[PDB]
Amino acid sequence: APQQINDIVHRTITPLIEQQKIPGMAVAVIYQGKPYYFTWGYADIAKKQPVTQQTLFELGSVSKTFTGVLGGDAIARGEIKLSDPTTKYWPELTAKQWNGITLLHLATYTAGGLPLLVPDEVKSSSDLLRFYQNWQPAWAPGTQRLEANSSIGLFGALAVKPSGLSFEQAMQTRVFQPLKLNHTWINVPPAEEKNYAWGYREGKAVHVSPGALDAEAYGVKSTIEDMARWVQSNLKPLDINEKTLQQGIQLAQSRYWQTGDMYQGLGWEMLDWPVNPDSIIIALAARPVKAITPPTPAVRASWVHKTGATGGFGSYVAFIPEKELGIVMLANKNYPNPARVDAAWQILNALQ
Ligand SMILES: *C(=O)[C@@H](NC(=O)[C@H](N)c1ccccc1)[C@H]1CCC(Cl)C(C(=O)O)=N1
């Protein structure tokens, strides 16, 4: 890779790994549309298996970007509408607080305080209906943003209802396959286990535990090769051949709500570029949102990003459409979000 990209990447990631005690890490920088990879340490400390470009890391909430886009694809197909009420696709949702809660609300965490996690005790399809039917909104729809897996996960599940496919088959055939993400999975196949890194939490190797709506909110595992093309796919969607998917990517980067200097998209979050670190550098943060009416089309001078975690993994994706610049950081250690965002910034700002 060009020496500048190489020195910045190393001058930056090295102390990051040393400071955060990161077992293994993969990084991709997309410069003027071409991927450049870097990898350090172990996927499995015990078996001395190193991190390589084909290692699968858990993405955590970064999975939400895939769901936003799958959702955006279903819209472009005319199968769902963001202005539709949630009950249109889950008629059994008769509790009266749902009147007024739309798919847009679910997708953007503005439904009224849906919880950050679907409680662990929710295991069956009846357990889930119960949980949603009994949930008590803290606020009116469209008034505050509370980042939640249970909000965006339901959106993902309902978004694919008209299609007729499982959320997984809709994701595989409508996002993964067209984009040639051949090593990205919701459930890792036995054939691919040899590449599944272990995550680390307190020195113990862990893998994400199953739970309700996990596929739709934090379930996807992937390699930095596939993540790099994912960044590439979102940077220049005009390049994409399948139509509804191209409109889909475009819709996930639309600006629906504004909170501070941040704009909420479908999965992806955006800020105006150029931007300052602290504008982008706490287990719950309820914040008021002003609706963007109508939603602003995807803005090229944005710092489009997404953070994500699991008990054992820390992920981060960030890209600037108008500069053809992007970065992906995959660690098998859930370290602090500010530290990730500073490394990204430190690297991308040094590239223009
Ligand atoms: C997305 O990354 C969120 N975390 C998760 O999805 C975890 N995998 C999870 C899922 C179900 C139960 C427990 C944990 C968000 C929101 C929750 C937290 Cl604490 C978090 C973080 O910054 O470590 N990220």
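One-based numbering along the sequence shown. In each ligand, atom 1 is the first atom listed, and ligand 1 is the first ligand listed. Reckoned from all heavy atoms, side chains included, excluding hydrogens, waters and symmetry mates.
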Look up in UniProt the name of the chain making most contacts with ligand 1. Beta-lactamase
List the drug name recorded for ligand 1. loracarbef (bound form)
Enumerated loracarbef (bound form, ligand 1) atoms positioned under 4.0 Å from heavy atoms of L116: 16 (C), 17 (C)
Nearest UniProt active-site residue of chain A to loracarbef (bound form, ligand 1), heavy-atom distance to 1 Å. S61, 1 Å
Does atom 19 (Cl) of loracarbef (bound form, ligand 1) have a protein non-hydrogen atom under 4.0 Å from it? no
Specify the protein heavy atom at minimum distance from atom 14 (C) of loracarbef (bound form, ligand 1): its residue, its atom name, and the distance to 0.1 Å. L117 CD2, 4.0 Å
Mind checking which residue and atom the model joins loracarbef (bound form, ligand 1) to with a covalent bond? None is a fine answer too. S61 OG
If we only count N/O pairs under 3.5 Å, is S61 in contact with loracarbef (bound form, ligand 1)? yes
Give a yes/no on loracarbef (bound form, ligand 1): does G308 have at least one heavy atom closer than 4.0 angstrom to it? yes
For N334, atoms of loracarbef (bound form, ligand 1) separated by under 4.0 Å from a heavy atom: 23 (O)
Nearest protein heavy atom with distance in Å, relative to atom 22 (O) of loracarbef (bound form, ligand 1): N337 ND2, 3.8 Å
Geometric N/O contact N149 with loracarbef (bound form, ligand 1), under 3.5 angstrom: yes
What is the closest protein heavy atom to atom 8 (N) of loracarbef (bound form, ligand 1), and at what distance does it sit? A309 O, 3.2 Å
What source species is given for chain A in the PDB entry? Escherichia coli
Heavy atoms under 4.0 Å from loracarbef (bound form, ligand 1): which residues of other chains qualify? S61, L116, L117, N149, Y218, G308, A309, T310, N334, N337
